J.: 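Pasting a structure here, questions to come.
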Amino acid sequence: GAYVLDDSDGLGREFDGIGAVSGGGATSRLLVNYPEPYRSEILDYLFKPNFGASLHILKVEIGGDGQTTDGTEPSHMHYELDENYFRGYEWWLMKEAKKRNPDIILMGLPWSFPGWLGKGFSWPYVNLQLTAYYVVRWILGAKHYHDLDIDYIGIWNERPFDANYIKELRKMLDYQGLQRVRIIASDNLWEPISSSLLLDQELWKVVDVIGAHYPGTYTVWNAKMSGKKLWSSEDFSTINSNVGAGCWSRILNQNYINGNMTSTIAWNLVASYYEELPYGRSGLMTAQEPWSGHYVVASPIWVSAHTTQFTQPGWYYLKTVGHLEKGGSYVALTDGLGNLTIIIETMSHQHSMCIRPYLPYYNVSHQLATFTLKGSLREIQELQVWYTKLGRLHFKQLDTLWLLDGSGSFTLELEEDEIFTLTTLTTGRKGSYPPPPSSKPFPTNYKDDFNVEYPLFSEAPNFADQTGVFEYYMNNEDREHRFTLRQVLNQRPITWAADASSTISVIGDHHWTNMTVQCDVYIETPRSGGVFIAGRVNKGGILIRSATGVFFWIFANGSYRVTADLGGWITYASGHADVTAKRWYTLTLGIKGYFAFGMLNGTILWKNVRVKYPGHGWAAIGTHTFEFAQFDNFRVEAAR
Ligand SMILES: *[C@@H]1O[C@H](CO)[C@@H](O[C@@H]2O[C@H](CO)[C@@H](O)[C@H](O)[C@H]2NC(C)=O)[C@H](O)[C@H]1NC(C)=O
Ligand SMILES: *[C@@H]1O[C@H](CO)[C@@H](O[C@@H]2O[C@H](CO)[C@@H](O)[C@H](O)[C@H]2NC(C)=O)[C@H](O)[C@H]1NC(C)=O
Ligand SMILES: *[C@@H]1O[C@H](CO)[C@@H](O[C@@H]2O[C@H](CO)[C@@H](O)[C@H](O)[C@H]2NC(C)=O)[C@H](O)[C@H]1NC(C)=O
Ligand SMILES: *[C@@H]1O[C@H](CO)[C@@H](O)[C@H](O)[C@H]1NC(C)=O
Ligand SMILES: OC[C@H]1NC[C@H](O)[C@@H](O)[C@H]1O
Ligand SMILES: [Ca+2]
């Protein structure tokens, strides 16, 4: 029937913005080595105002050297007394976002922590001041080295919080002159953080926002009672097809309507990680081919636009929002300056399923909606119209709708899976760049000598660490190996995921079946040290311990092994080898069909060793444990 949109009796909650997550883990990994102009174009679709997704909020992982879903991300403090604010790519990403949108909101949250913070235990709450010290340094560094103001700081992603830690974090922030930084907790469930705020006055005072993960558009009573801002601080996480776009469309509206949540943040920002890693293509768009330059501006980009391009942090929701009688919902916002945005969604059940949670079936059918602008909204002679149809027309602008009647009323015919945005704002724009190059597989012949003296990023391109951390390394005394790739962790992190017991970095095409991998390796630890190269590595990320394939190990005690698994439980071959520490060797591993061979300095070590087939996966390098080791002159030839 009719839906009243009124101002006169007051407003709803302040709108805080829409955002996305870069990190948890290494989700932006393959974006950094995109050639220009494509890399810059992708960033525009994400962050440029009145263009693409036009995001209000960017949330990033504070790397802790641990595996955090699709890879590891480097910490600013690998060891005690170590400080480096130029590792990884989150600094760069934040700067790129701020250049396009100076008003963008920045958040930081740790998934994992370096092992040395635990002081013997794998626990970040052993020394509260130390862990807070670590986190605050990251915030200080963002300002001092990159001119970044971090707006919000979290606790420990989907992990228990410590009330004394949060209080210490607040005290530490203030002590370092960061009074303006706000705290969000606890990036998990609504409980126990919500009840803890009601029971503890001192905890209530230091927490600014309650952020919950995948709330299914609902909150809980204690959260409402707190009087705190409530955010869906992580949501979405669905493959960016039309379905995922429908999911994203529905929850953007109904998170506030059903749960009073004034912000929603998607995991993840962009799918710049190998698709065969966990939750592949679960970003707002896709950019997983830096070698070709191909990127896909997926449907969720324009779903975001329907809200972001016509709302800003600081607008207020109207009291008058709700569901449509025949399915779907509507929200309305104002800036308090006479502008009005109305967002309408009619996502069907079959085309809006999220992975978390899965809604019981609900009906959606054709309907008419009549809207009447009461209060100070009674005015507004014209409204711009933007339309999207999923399943396929995206963010197309329709003809201005006029209210010269005086009734302050208008009517729409709605159908399944549609978005309408009705706004007084005239700045809307479907941004566009020419189509990027076509999809191409990872180069069947590939090499890297790691010879870069002033690298822009701390790690060689396309190498996605899945346990441990690999960096560019300059050794000035050695001439033949002055520039190498080095694994730099010397102890297991305070882990978020189940990191492997061995370090590993994967690269290439997961489809590869027959391949030849070569690399120069260097074992830094006497007697006990070990390294490997591998092919047909089929699992990574959160499942990195599950990785099977063909692994060629050599050890400083004068031995080698060939295993079917990263964990080394299953032996293909083993024996002795002329191998010691602090010496450069060239490993070659060849795999074809049922058989594999291995070479040491160009000489056959083992041949015709039967391996399981069929099987496919990436190539990789790594170390036996968390130990220093160097790699150089990497090459791979493969058949897909
Ligand atoms: C949170 O939002 C809910 C809406 O789901 C508010 O609860 C009531 O919602 C019904 C219809 O959904 C309205 O008729 C009531 O007027 C709402 N309550 C009140 C007190 O107005 C709830 O109030 C909101 N909580 C806040 C804003 O703290
Ligand atoms: C709706 O659009 C914008 C909201 O920011 C307003 O336009 C700005 O208004 C301020 C003062 O009100 C000026 O200083 C800016 O130069 C304006 N910018 C632009 C791009 O116009 C506008 O006033 C709002 N209200 C209406 C009725 O349009
Ligand atoms: C990888 O190597 C295997 C083994 O050499 C290939 O499988 C053979 O394919 C030929 C056809 O060209 C058959 O005649 C053989 O009988 C197959 N051998 C086995 C053991 O199946 C396979 O085609 C190669 N794959 C790629 C992508 O190069
Ligand atoms: C859904 O609603 C439509 C319209 O009222 C009705 O025709 C249809 O039978 C319903 N189907 C289900 C499964 O509820
Ligand atoms: O859905 C998975 C997704 N959500 C949970 C974690 O916070 C993320 O890193 C990621 O694993
Ligand atoms: Ca080199």
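Heads up, chain A uses the PDB entry numbers, so what you see runs 25-415, 420-668. Every number for a ligand or one of its atoms is a count from 1 in the order of the listing. Computed from heavy atoms alone, side chains included, the values below leave out hydrogens, waters and symmetry copies.
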J.: At ligand 5, which drug or drug candidate appears?
T.: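 The drug is 1-deoxygalactonojirimycin.
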J.: Report, by its name in UniProt, the chain making the most contacts with 1-deoxygalactonojirimycin.
T.: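 It has the most contacts with Galactocerebrosidase.
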J.: List the residues forming the binding site of 1-deoxygalactonojirimycin, heavy atoms under 4.0 Å.
T.: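 The heavy-atom contacts are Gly48, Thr92, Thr93, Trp135, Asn181, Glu182, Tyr238, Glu258, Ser261, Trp291, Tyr303, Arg380, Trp524.
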J.: I need the closest UniProt active-site residue in chain A to 1-deoxygalactonojirimycin, with the non-hydrogen distance rounded to 1 Å - can you help?
T.: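 Answer (UniProt active site, heavy atoms, 1 Å): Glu258, 3 Å.
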J.: For 1-deoxygalactonojirimycin, which atoms, with element, lie under 4.0 Å from some heavy atom of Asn181?
T.: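 In order of numbering, the contacting atoms are 6 (C), 7 (O).
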J.: Against heavy atoms of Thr92, which atoms of 1-deoxygalactonojirimycin measure under 4.0 Å?
T.: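 Near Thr92, the atoms of 1-deoxygalactonojirimycin are 9 (O).
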J.: Do any nitrogen or oxygen atoms of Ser261 come within less than 3.5 Å of a nitrogen or oxygen of 1-deoxygalactonojirimycin?
T.: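 Yes, since at least one N or O of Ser261 sits under 3.5 Å from an N or O of 1-deoxygalactonojirimycin.
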J.: Just which atoms of 1-deoxygalactonojirimycin are under 4.0 Å from any heavy atom in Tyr238?
T.: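 Result: 1 (O), 3 (C), 4 (N).
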J.: Help me out: which residues of chain A, per UniProt substrate-binding annotation, have heavy atoms under 4.0 Å from 1-deoxygalactonojirimycin?
T.: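 By heavy-atom distance, the UniProt-listed hits: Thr93, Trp135, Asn181, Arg380.
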J.: With heavy atoms of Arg380 as the reference, note each atom of 1-deoxygalactonojirimycin found under 4.0 Å away.
T.: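 So the answer, numbered in order with elements, is 1 (O).
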J.: Please list, in number order, the atoms of 1-deoxygalactonojirimycin under 4.0 Å from a heavy atom of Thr93.
T.: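 Listed by number with element: 8 (C), 9 (O), 10 (C), 11 (O).
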J.: Which atoms of 1-deoxygalactonojirimycin are found less than 4.0 Å from any heavy atom of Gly48?
T.: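 Within the 4.0 Å cut-off of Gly48, 1-deoxygalactonojirimycin contributes 8 (C), 9 (O), 10 (C).
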J.: What is the closest protein heavy atom to atom 4 (N) of 1-deoxygalactonojirimycin, and at what distance does it sit?
T.: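 Protein heavy atom with the smallest distance to atom 4 (N) of 1-deoxygalactonojirimycin: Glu258 OE2, 2.6 Å.
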J.: Within the structure, does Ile379 bring an N/O atom to less than 3.5 angstrom of an N/O atom in 1-deoxygalactonojirimycin?
T.: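 In fact, backbone or side chain, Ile379 has no N or O that close.
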J.: From the PDB file, what's the organism behind chain A?
T.: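 Per the PDB, it's Mus musculus.
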